[PDB]
Amino acid sequence: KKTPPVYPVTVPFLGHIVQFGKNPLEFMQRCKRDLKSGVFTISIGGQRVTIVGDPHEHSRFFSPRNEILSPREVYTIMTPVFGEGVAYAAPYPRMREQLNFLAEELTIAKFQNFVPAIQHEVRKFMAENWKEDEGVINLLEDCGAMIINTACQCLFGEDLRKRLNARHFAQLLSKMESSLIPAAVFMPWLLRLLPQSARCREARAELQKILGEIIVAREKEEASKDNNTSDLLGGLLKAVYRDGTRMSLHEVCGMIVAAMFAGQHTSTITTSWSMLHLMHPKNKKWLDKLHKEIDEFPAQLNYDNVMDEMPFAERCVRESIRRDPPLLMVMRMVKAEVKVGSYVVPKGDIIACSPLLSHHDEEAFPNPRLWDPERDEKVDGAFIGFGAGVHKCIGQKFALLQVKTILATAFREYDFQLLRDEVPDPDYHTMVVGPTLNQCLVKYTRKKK
Ligand code: HEM
Ligand SMILES: O[C@@](Cn1cnnn1)(c1ccc(F)cc1F)C(F)(F)c1ccc(-c2ccc(OCC(F)(F)F)cc2)cn1
């Protein structure tokens, strides 16, 4: 009934906060290499943090119920973003229902309009921003704009996109977002109630009231039948809890924020990496192979084109998430003892499973730093870029749609070149990890026939 060994702590209260904050990949690896155990504990803020660094053992982390292993305590930090009693802040039965309602809004049934809607906004953005035959842009920054744009198009009804537009909205997000401090989960007391938080306060409330407005409007056009609007907001209003109740404005607001917040960063980063590797000259063959798959498409693309007819592109995307998972760490609060291989993990520990670590296990992913889209996880379940089990990603399919879609539209109507020797080094200093902002400059060369 014993622990994984604990890495030596040079200074107790810090634990390993420094070498962790500086390069968590190198660090966690060494812990692994020296400890010689995939599974090991580290001290951060004097907090037992046991990382599951063995691909075989993932099922352990993901399979267990929240009651046994709970996200909530860990993920409190979102609550201001999402709201009181929204998602994790909410009781698990409810949070589940909410997540489900959302998940339904993101099934492939809804996707019918999306590919065209997304392609439109990308072509808009390009023409307004890539006006010249050549030119230089920040790829991470542009992609960010393309994502929030194409998303709103995808999940926002006309009227809502009238009162509220993508660029502004992005601004609102970042405003609520700037509020976050990552340290906080492990040490939640730092969250107990913080300067811009008010902005998240105001950022959110502003949004909320806009909607509260929007709703009143759409209620009084059912009489007409004027529009049958089934955008994300639509669905959420038509949802009913089991107990027969409905979602209060706040919960609706929370769930839309959460939806948009997640995709925005995770997706824009994914897009960016993916393009980068492809652009790079070493990756010619892959770039060429990409083409062999999208050259023979009509300019206007449909659903069949993207899911069923771009297997490979999707490989590039997944490989990109494999090499540099946007979310380094997933976590639970061990609320009861759990077996993990030959070890046990004590109620009260903090238990994590790191895509970042796992994606660089050699058994599973030899030479991980190599971006090889045609590589296949050597150990089943190794890849966890979208997590697994109960709490696996719901946005996964929609995201793949957008990134895949964006890749096709951009590359089809453009070429590209990295303004550097080598693909950008990730920047581990952000809550969600993306390539380093300053190096994401590149030259766009238009194409013509
Ligand atoms: C590259 C794109 C994405 C990546 C890499 C990604 C990654 C992940 C990962 C690793 C998890 C596991 C969370 C955990 O175990 O703590 C997860 C969960 C989740 N993701 Fe994503 N995600 C992506 C896109 C999206 C998008 C676009 C949305 C919403 C639009 C979304 C919504 C969620 C939600 C709601 C969960 C919680 C699942 C649950 O707790 O049941 N994701 N995602
Ligand atoms: O899991 C998220 C993020 N996500 C997942 N897919 N897309 N986005 C999430 C959860 C539910 C949602 F509805 C929307 C979300 F975006 C989340 F809850 F907010 C979430 C939880 C924890 C973290 C997170 C936790 C700890 C972190 O520590 C940084 C470190 F790894 F230590 F370097 C960094 C990030 C990020 N996002």
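By the numbers in the PDB entry, the shown part of chain A spans 29-221, 223-478. Start at 1 and go down the list; that is how both ligands and their atoms are numbered. Method reported for this entry: X-ray crystallography, 2.8 Å.
Drug at ligand 2 (options: AMG 487, CC-930, BI 201335, VT-1161): VT-1161.
This structure shows the largest set of contacts to VT-1161 coming from the chain UniProt labels Sterol 14-alpha demethylase. Using a 4.0 Å heavy-atom cut-off, the binding site of VT-1161 is formed by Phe48, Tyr103, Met106, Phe110, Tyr116, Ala287, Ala291, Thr295, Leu356, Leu357, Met358, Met360, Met460.
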